[PDB]
Amino acid sequence: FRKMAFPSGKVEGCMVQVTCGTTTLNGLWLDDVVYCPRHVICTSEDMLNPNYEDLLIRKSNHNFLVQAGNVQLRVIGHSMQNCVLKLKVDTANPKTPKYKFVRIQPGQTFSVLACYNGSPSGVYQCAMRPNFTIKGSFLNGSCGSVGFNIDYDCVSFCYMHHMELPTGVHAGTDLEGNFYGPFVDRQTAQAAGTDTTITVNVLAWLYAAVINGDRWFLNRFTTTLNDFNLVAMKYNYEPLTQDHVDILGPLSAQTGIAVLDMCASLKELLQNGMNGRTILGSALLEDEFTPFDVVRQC
Amino acid sequence: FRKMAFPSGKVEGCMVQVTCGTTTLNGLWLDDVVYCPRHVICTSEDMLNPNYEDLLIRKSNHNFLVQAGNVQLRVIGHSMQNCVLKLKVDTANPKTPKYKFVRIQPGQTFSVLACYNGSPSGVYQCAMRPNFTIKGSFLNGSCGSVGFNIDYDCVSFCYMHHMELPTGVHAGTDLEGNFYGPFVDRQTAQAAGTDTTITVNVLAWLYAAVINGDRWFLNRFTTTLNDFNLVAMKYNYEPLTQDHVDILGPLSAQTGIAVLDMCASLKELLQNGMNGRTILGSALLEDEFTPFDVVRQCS
Ligand SMILES: Cn1cnc(Cn2c(=O)nc(Nc3cc4cn(C)nc4cc3Cl)n(Cc3cc(F)c(F)cc3F)c2=O)n1
Ligand SMILES: Cn1cnc(Cn2c(=O)nc(Nc3cc4cn(C)nc4cc3Cl)n(Cc3cc(F)c(F)cc3F)c2=O)n1
């Protein structure tokens, strides 16, 4: 059991570089439109406090350099949709996959294709945090990198990377250009709210632990859903809903461990700690696998 | 720090399915050759102790079903090299990247593209353990999945998955079909061998922690490599090689911390424990990030 991303090839074939002045970042090329963060229209003067409609009106198509590898694509139109810029180009992307734009919920996971100057460099899994940040791996030049899931040949893009907060966590938008979380596309210090732990994911990963032979944390205690929720809340864990319990059923049935029983084991983990021990090789409770992630991998 | 894989696209375009009778697994299509585990020529009652020479002589090109999705690639030649089959097909793969075949050492990491029936399903980072196994994530149908690194536009293939051992770890070969470790391609319980901690990578992780301003564990001492190696073994850590010292060069230069001084620091952590303290947020020392991996994530 390891963190596992979707194969990135369908997204690699869409990554380009977008430049405006000395400002450069990554864009997503689908059919005849390139999508990228609007921040690219900022000179370093603008970055601190942009008025974007103002900066945009003062721009022309020829102010946009789009490169796809070696070839420069010519911009025939531009528009802004929230924090996303859309550049119409004269040429369709022959590698466009079947795709959708979706907005994800906290707790859900996705694969991130980190890219620099329109070149893919790495792929990994992240979760949307309850506080709407993501704990990614991103360096200068990563702006515009995207996150996605794949289902039967369809790429559902759900994230476009914008910025890193002071704490080192990451903030960005969906592909309609709306931020996840209370952030703005301005170069100013922004804090996120207090984060909480994705309880249903921890339960899923506990079930992974059992499928993979790691069982030391199971107990014979039991608990009601409400009494587990009281303890979870006390520990800044998200509450567990009946929907979450239902979604855990296939894992429960697989291992023969009732959901409320796995809740009782987790309760004890919260109250006692792991007493030096590990689960699935981790000293910490892991909350970035979903029940689907677990099922798919197991 | 996160475990990060290379983007998988260049390898996704090389994945095929190979089937002999009803036995089926994944193959790798580069130019006009498909490479796959020779295990594919075993029927069920061959799997336990195959005679691969014997099984192969009975084979013709027309026994091999190779498919790129639903498209069949006609086989026009076949041969066996150590534990891999090579099938010459009549079409050069237009998605072939620039590539090489490499044999890695323990400690080196690589991306694995897990595949089922020729269809890629996931990608993740693995390190080669000192006992020549990997701690992968693989189900039934994953045989023939490959591990790789990408350096610029060149894919270096280093691993072809064969089998899961009784403890749940994985064993396979390089792309010349030579197993990593004492294993054989027979469906027989084989035990891994006692594993050890990858010292070179723990050192890289300590350098990473220094780069990030986390440096309490830096002590005031130095060591010879021999002394360090002798102590290392008493704590089930791997001894360092000359090549290890060399691959730590960039990190040593970036931090100003001589390799042997960092060895002295690690030695104290071995002999004294962590004093209820952490490094990069953690009480456990990470041994699956190579010096290259750390440089990649920090700069
Ligand atoms: C360490 N890190 C982690 N993720 C990121 C992502 N990221 C980034 O890549 N770039 C940013 N600013 C830019 C600077 C440029 C310099 N040139 C020559 N071109 C540049 C283009 C960009 Cl986008 N930022 C900062 C940032 C980006 C935004 F989109 C935003 F709204 C506010 C911000 F403060 C950044 O975080 N870096
Ligand atoms: C749980 N797990 C993790 N990795 C693996 C890999 N793996 C695999 O995928 N297949 C194997 N045997 C086969 C059975 C087949 C049944 N049909 C219809 N077709 C089959 C093809 C294969 Cl390869 N094995 C076992 C195995 C494979 C080898 F290549 C070998 F040399 C020894 C072995 F014991 C396997 O481990 N499963």
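Chain lettering follows the listing: the opening sequence line is A, and each later line takes the next letter. Here chain A follows the PDB entry, giving residues 3-300 in order. The residue numbers of chain B are those assigned by the PDB entry, with the residues present covering 3-301 sequentially. Note that ligands are numbered from 1 as they come in the structure, with each ligand's atoms numbered from 1 the same way. If you check the header, you will see the structure was determined by X-ray crystallography, 1.8 Å. What you see below is based on every heavy atom in this structure, not just the backbone, and it leaves out hydrogens, waters and symmetry mates.
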Enquirer: Mind checking which chain ligand 2 touches most? I'd like its name from UniProt.
Expert: 3C-like proteinase nsp5
Enquirer: Can you identify the drug or drug candidate present at ligand 2?
Expert: ensitrelvir
Enquirer: By chain letter, what other chains have any heavy atom closer than 4.0 Å to ensitrelvir (ligand 2)?
Expert: B
Enquirer: Has ensitrelvir (ligand 2) got any nitrogen or oxygen that is less than 3.5 angstrom from a nitrogen or oxygen of B/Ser144?
Expert: yes
Enquirer: Should the proximity of B/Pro39 to ensitrelvir (ligand 2), defined as any heavy atom under 4.0 Å, be assigned to the side chain, the backbone, both, or neither?
Expert: neither
Enquirer: Number the atoms of ensitrelvir (ligand 2) from 1 as they appear, then name those within less than 4.0 Å of a heavy atom of B/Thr25, with their elements.
Expert: 19 (N), 20 (C), 21 (C)
Enquirer: What source organism is recorded in the PDB entry for chain B?
Expert: Severe acute respiratory syndrome coronavirus 2
Enquirer: Going by the order shown, which atoms of ensitrelvir (ligand 2) are within less than 4.0 Å of some heavy atom of B/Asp187?
Expert: 31 (F)
Enquirer: What UniProt domain of chain B accounts for most of the contacts with ensitrelvir (ligand 2)?
Expert: Peptidase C30
Enquirer: Any N or O on B/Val186 sitting closer than 3.5 Å to an N or O of ensitrelvir (ligand 2)?
Expert: no
Enquirer: Hi! What's sitting within 4.0 Å of ensitrelvir (ligand 2) if we only look at heavy atoms?
Expert: B/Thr24, B/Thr25, B/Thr26, B/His41, B/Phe140, B/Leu141, B/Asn142, B/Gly143, B/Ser144, B/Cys145, B/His163, B/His164, B/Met165, B/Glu166, B/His172, B/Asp187, B/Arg188, B/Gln189
